[PDB]
Amino acid sequence: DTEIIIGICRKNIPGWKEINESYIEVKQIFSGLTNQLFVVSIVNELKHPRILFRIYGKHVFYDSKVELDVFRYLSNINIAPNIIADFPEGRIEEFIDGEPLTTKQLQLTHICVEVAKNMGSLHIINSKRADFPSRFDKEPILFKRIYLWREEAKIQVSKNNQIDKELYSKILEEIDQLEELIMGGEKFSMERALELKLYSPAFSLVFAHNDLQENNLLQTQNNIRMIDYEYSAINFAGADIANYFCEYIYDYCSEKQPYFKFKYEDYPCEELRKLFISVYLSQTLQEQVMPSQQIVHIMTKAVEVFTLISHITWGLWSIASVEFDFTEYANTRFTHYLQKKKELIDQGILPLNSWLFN
Amino acid sequence: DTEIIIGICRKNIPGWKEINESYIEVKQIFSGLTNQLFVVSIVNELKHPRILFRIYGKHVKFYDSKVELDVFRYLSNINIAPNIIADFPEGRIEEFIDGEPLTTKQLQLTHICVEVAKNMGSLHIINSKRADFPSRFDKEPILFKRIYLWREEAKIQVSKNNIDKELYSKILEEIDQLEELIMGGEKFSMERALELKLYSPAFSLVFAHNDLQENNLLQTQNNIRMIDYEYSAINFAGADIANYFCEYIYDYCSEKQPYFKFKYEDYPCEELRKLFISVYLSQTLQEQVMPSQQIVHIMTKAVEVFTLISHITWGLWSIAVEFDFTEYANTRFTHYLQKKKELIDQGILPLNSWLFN
Ligand SMILES: Nc1ncnc2c1ncn2[C@@H]1O[C@H](COP(=O)(O)OP(=O)(O)O)[C@@H](O)[C@H]1O
Ligand SMILES: Nc1ncnc2c1ncn2[C@@H]1O[C@H](COP(=O)(O)OP(=O)(O)O)[C@@H](O)[C@H]1O
Ligand SMILES: C[N+](C)(C)CCCCCCCCCC[N+](C)(C)C
Ligand SMILES: C[N+](C)(C)CCCCCCCCCC[N+](C)(C)C
Ligand SMILES: CCCNC(=O)[C@H](O)[C@@H](O)C(=O)O
Ligand SMILES: CCCNC(=O)[C@H](O)[C@@H](O)C(=O)O
Ligand SMILES: [Mg+2]
Ligand SMILES: [Mg+2]
Ligand SMILES: [Mg+2]
């Protein structure tokens, strides 16, 4: 109801108390996937002329308590959109007014390096902040999430309501080797993890966004801002970066089925990647890091490995009223996993143990 | 007078009307050089909780206050410069950009370096990509006019006899050659400029900041902002870029004579400079430009020549409260020679020995 949202807004949003409802417009947006979102603006020419009204819907092994807990922190250290009012059934957020980057704009060098700078600022919070919540899992999520979403997929598949059983089946086999592949012949341990960090900040443990795609990067007047932290959690730095690199391939701004376009060749070239990683490290390490340095050369090729984590994760996720062909999209991510793995091999990036330690 | 500043603030700043005077603090800052600046804050925990109160002072012969104000208001209106909350004949109320100034060392940091290149690019394109760009702003570059204008202001001061006469004298001789050196064997002309642009965006005519040093770059929560546009005006893109590069050398945060430190070797390395212009070009051109590409290899070399404009402009400016303007001048002059000497030894000069090949 509009009047109920307007009453809630004038009561809780500083400055809105005395504003007549006739100057307030509530307009629901349906670009979301779970919650009821509204942009509430003041139409008469206030620190907050526009706000984002979020009402929690029921989400499709998902824990809403942890996601909210993480968001409130990020909101408090001023990374995520500011929280103006916070209640059980929803919240009032600062409206980040800007245009979401396009898939093509990612190719632009000035845009690329700004995101790498932002990702870096977000990554270091778990090691450079005294106020970092201790209760947040200190272990990477990449594997847990995959196993968790793998099981959700099975359930849906058994629901049998049209997937490429041959591809899907091969992916289920690959998952068994997935840890050895990322950890270079060894299964995951916090031990293996700390040792790997010694070789490349790619295996550094950071607080990752985990879904930093172009539609989650808003281009404001003076900067680009990140949104949608629903998948944010500690993870290998390389995982988060490789995922961003992958979104270079997927354009979700299509109006005809399957309602997304993909171009494998669009995956960012090696030079662009190195510029990204140089700026990233300059940010996380606070020192002059440039593409010609060996820490970049190593990390760039290491980050390539984590690209498979992205294709598999969002594949299973895609399987686990709005226009999107989730099944066809999963087929694509899986397809690209196979392809990328062949490339990493032919390029000598896989297996890790054949170069990383030399 | 505090009370007077607070009256003007409460009356003109949205939301401040009913705020009690006891919640407002006016504290004057003295980092400036000409005007009376105040940071007015609401000490009780508003769109504008802090503002900048600027009172216009009398500027030190050919200075034009009307053109500067005219240019600032436009920049403020298109949201690049600090917002203007209230604008009157004797001063303004500015949006207070709350952030810390960059340090001279911080410029070396790659992530910082590329944000300024991006920011510079956004500012540079306003003369070609904005329909509302004022037609009344000079369309010619200012580099030479300024050097000549300030040369004459220097003459005056020198005669006032109150400096290194051997260097100063050599510098005056070099100026006569300056146009040919920058335009590759020719004196300046608009058509000569249009021709040069075809060879490198270094000779592109843009709206330059012209004094983009670390102290004019403030780090906010989410980005680095540019301030102090009193020298802004059309110019060769390369000049503005080469000036930023030069500031890598000079640190004005020193409290002992001569109140500034300098390290010639701190000039940004070639790789960093290329990183800079790649990001710059991508912003101005809106395409994927990277250090590998030829357009960069060439512009970066061209940009190196404009460094001499920077050393000379500010050396003269220095001649024309704690600061030793005389020693600073000797320094920029000493570096002009040193740099010009290196440019020649590197084959960068003269431009006509390569640029057109
Ligand atoms: N704080 C905000 N400011 C501006 N736009 C927002 C904000 N939050 C969401 N949006 C818009 O709506 C979308 C956010 O949806 P999302 O939070 O992903 O919904 P759901 O939680 O249902 O997945 C973004 O793509 C963006 O376009
Ligand atoms: N809008 C602003 N917000 C925050 N700080 C400012 C603002 N304007 C000026 N300052 C600070 O005041 C200093 C002096 O400003 P400037 O305009 O150079 O003074 P002057 O015009 O007297 O030279 C700047 O270096 C900057 O640190
Ligand atoms: C974008 N517009 C507004 C046109 C519509 C968005 C429709 C939902 C997007 C489908 C989910 C794909 C996301 C894939 N990952 C999670 C990998 C980003
Ligand atoms: C940083 N603090 C506030 C302590 C010094 C401010 C006053 C320093 C005097 C200006 C020095 C000349 C500037 C040279 N150019 C114009 C080339 C930057
Ligand atoms: C194209 C819209 C962007 N969406 C996403 O990144 C996620 O898949 C979205 O569904 C979400 O739940 O955040
Ligand atoms: C060190 C701060 C001063 N920097 C400058 O470029 C000048 O002071 C300029 O701001 C001026 O006011 O002339
Ligand atoms: Mg969403
Ligand atoms: Mg994408
Ligand atoms: Mg400097």
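Alphabetical chain letters, starting from A, follow the order of the sequence lines given. Chain A uses the PDB entry numbers throughout; the residues present, in order, are 50-94, 100-114, 117-217, 219-377, 386-423. Here the PDB entry sets the residue numbers for chain B, with the shown residues being 50-94, 100-114, 116-217, 220-377, 387-423 in order. Every number for a ligand or one of its atoms is a count from 1 in the order of the listing. These values consider heavy atoms only, across backbone and side chains, with no hydrogens, waters or symmetry-generated copies.
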Query raised in the report: What is the identity of the drug or drug candidate at ligand 4?
Result: decamethonium
Report task. Name the main binding partner of decamethonium (ligand 4) here according to the PDB entry. Result -> Choline kinase
Report task. Enumerate the other chains with heavy atoms less than 4.0 Å from decamethonium (ligand 4). Result -> B
Report task. Using a 4.0 Å heavy-atom cut-off, say whether B:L82 meets decamethonium (ligand 4) through its side chain, its backbone, both or neither. Result -> neither
Query - Those atoms of decamethonium (ligand 4) less than 4.0 Å from some heavy atom in B:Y394 - result: 14 (C), 17 (C)
Query raised in the report: Does B:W374 come within less than 4.0 Å of decamethonium (ligand 4), judged by its heavy atoms?
Result: yes
Query - Part of B:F317 with heavy atoms under 4.0 Å of decamethonium (ligand 4), whether side chain, backbone, both or neither - result: neither
Query raised in the report: If you measure from each heavy atom of B:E304 to decamethonium (ligand 4), is any distance below 4.0 Å?
Result: yes
Query raised in the report: Looking at decamethonium (ligand 4), does B:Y307 have a heavy atom less than 4.0 Å from it?
Result: no
Query raised in the report: Looking at the entry, what source organism goes with chain B?
Result: Cryptosporidium parvum
Requested in this report: Write out the residue and atom name of the closest protein heavy atom to atom 14 (C) of decamethonium (ligand 4), then the distance separating them to 0.1 Å.
Outcome: B:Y309 OH, 3.6 Å
Requested in this report: Do me a favour and list the nearest non-hydrogen protein atom to atom 8 (C) of decamethonium (ligand 4) with residue, atom name and distance?
Outcome: B:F389 CD1, 4.3 Å
Requested in this report: Show which atoms of decamethonium (ligand 4) fall inside a sub-4.0 Å distance from at least one heavy-atom site of B:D268.
Outcome: 15 (N), 16 (C), 18 (C)
**Report entry** Per-atom contacts, decamethonium (ligand 4) versus B:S80 - under 4.0 Å to a heavy atom
**Finding:** 3 (C), 6 (C), 7 (C)
Query raised in the report: Does atom 12 (C) of decamethonium (ligand 4) have a protein heavy-atom neighbour under 4.0 Å away?
Result: yes
Query raised in the report: Backbone, side chain, both or neither: what part of B:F391 comes under 4.0 angstrom of decamethonium (ligand 4), heavy atoms only?
Result: neither
Query raised in the report: With a non-hydrogen cut-off of 4.0 Å, what is the binding site of decamethonium (ligand 4)?
Result: B:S80, B:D268, B:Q270, B:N272, B:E304, B:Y309, B:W371, B:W374, B:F389, B:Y394
